[PDB]
Amino acid sequence: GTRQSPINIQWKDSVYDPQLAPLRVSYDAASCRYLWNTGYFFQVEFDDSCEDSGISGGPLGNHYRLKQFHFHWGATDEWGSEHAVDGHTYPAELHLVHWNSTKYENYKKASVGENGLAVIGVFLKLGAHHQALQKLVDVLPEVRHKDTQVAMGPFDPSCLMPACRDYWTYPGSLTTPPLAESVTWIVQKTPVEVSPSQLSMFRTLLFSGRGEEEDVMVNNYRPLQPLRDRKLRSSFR
Ligand SMILES: CC(=O)Nc1nnc(S(N)(=O)=O)s1
Ligand SMILES: [Zn+2]
């Protein structure tokens, strides 16, 4: 279609919209359930029954409930992010998926509908060890095979976001099938630092299940899509 993601976020295409309300992020860490290997990436799952865990403000018409969050990475530290910024790609990218509780009855239905989801994207960059990320890194050995899952304790995704909350927003799609154009994209300008050793662990996962021949999980990002005549607006100037 015309509203596909990811895209290369370029300065020349950005238009400051001073009308964008403050982005309110409030997650209920207690609603965290398990972490599992989908066969494409690893994803942390939440219990979306809580009407207070989610996001509001910014470009959203109402509150969107947190459902899950995952990551995308490449075979080396030189690439892996889905989105690029003026052509530069980062080692990996974190996606926090929220769904429209107001317009849809549930996440399954939200994910393929008109304004079903709002996804925040955080670029990860090599730097200092990230304390909150370690909690995830430690249980990765338990989910190295496709479809494997491990229970999770309380975890607040906000600990994964950068301090500065300046972003770009635009209409897009899912970056995995069905590639439905149901997403309002919120990408953070400021990348979060993580150490190499933490990033390396992501690469020990496998696309293959138990018994099957070992197929390493790397390069699980979709290639860049054309912006078309979509409005890439920024919350900063
Ligand atoms: C079921 C559902 O909605 N899953 C997702 N597919 N692609 C996503 S991403 N990579 O756009 O955040 S989310
Ligand atoms: Zn994603």
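Residue numbering in chain A adheres to the PDB entry, whereby the residues present occupy positions 25-261 in order. For ligands, and for the atoms within them, numbers begin at 1 and follow the listed sequence. Only heavy atoms go into these numbers, but all of them, side chains included; no hydrogens, no water, no symmetry mates.
Per PDB records, the drug at ligand 1 is named acetazolamide.
Ranked by contacts, the chain bound most extensively to acetazolamide is, in the PDB entry, murine carbonic anhydrase V. Most of the interface of chain A with acetazolamide sits in UniProt domain Alpha-carbonic anhydrase.
Under 4.0 Å from acetazolamide, the heavy atoms of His94 that appear belong solely to its side chain. Taxonomically, the PDB assigns the source of chain A to Mus musculus. Per-residue contacts place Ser135 under 4.0 angstrom from the following atoms of acetazolamide (heavy atoms of the residue considered): 3 (O). Looking at UniProt's Zn(2+) binders in chain A, a heavy atom closer than 4.0 Å to acetazolamide shows up in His94, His96, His119.
When the heavy-atom distances from atom 4 (N) of acetazolamide to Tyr245, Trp209, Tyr131, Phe95 are ranked, the shortest goes to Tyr131. Residue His96 places at least one N or O, backbone or side chain, under 3.5 Å from an N or O of acetazolamide. Closest to atom 6 (N) of acetazolamide by heavy atom, among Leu203, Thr200, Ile144, is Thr200. Measured against 4.0 Å, the other ligands and ions close to acetazolamide are ligand 2 (zinc ion). At the top of the distance list for atom 5 (C) of acetazolamide, counting protein heavy atoms only, stands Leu198 CD2, 4.0 Å.
Among all protein heavy atoms, the one lying closest to atom 10 (N) of acetazolamide is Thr199 OG1, 2.9 Å. Residues contacting acetazolamide within 4.0 Å (heavy-atom distance) are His94, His96, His119, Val121, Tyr131, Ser135, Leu141, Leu198, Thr199, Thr200, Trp209.
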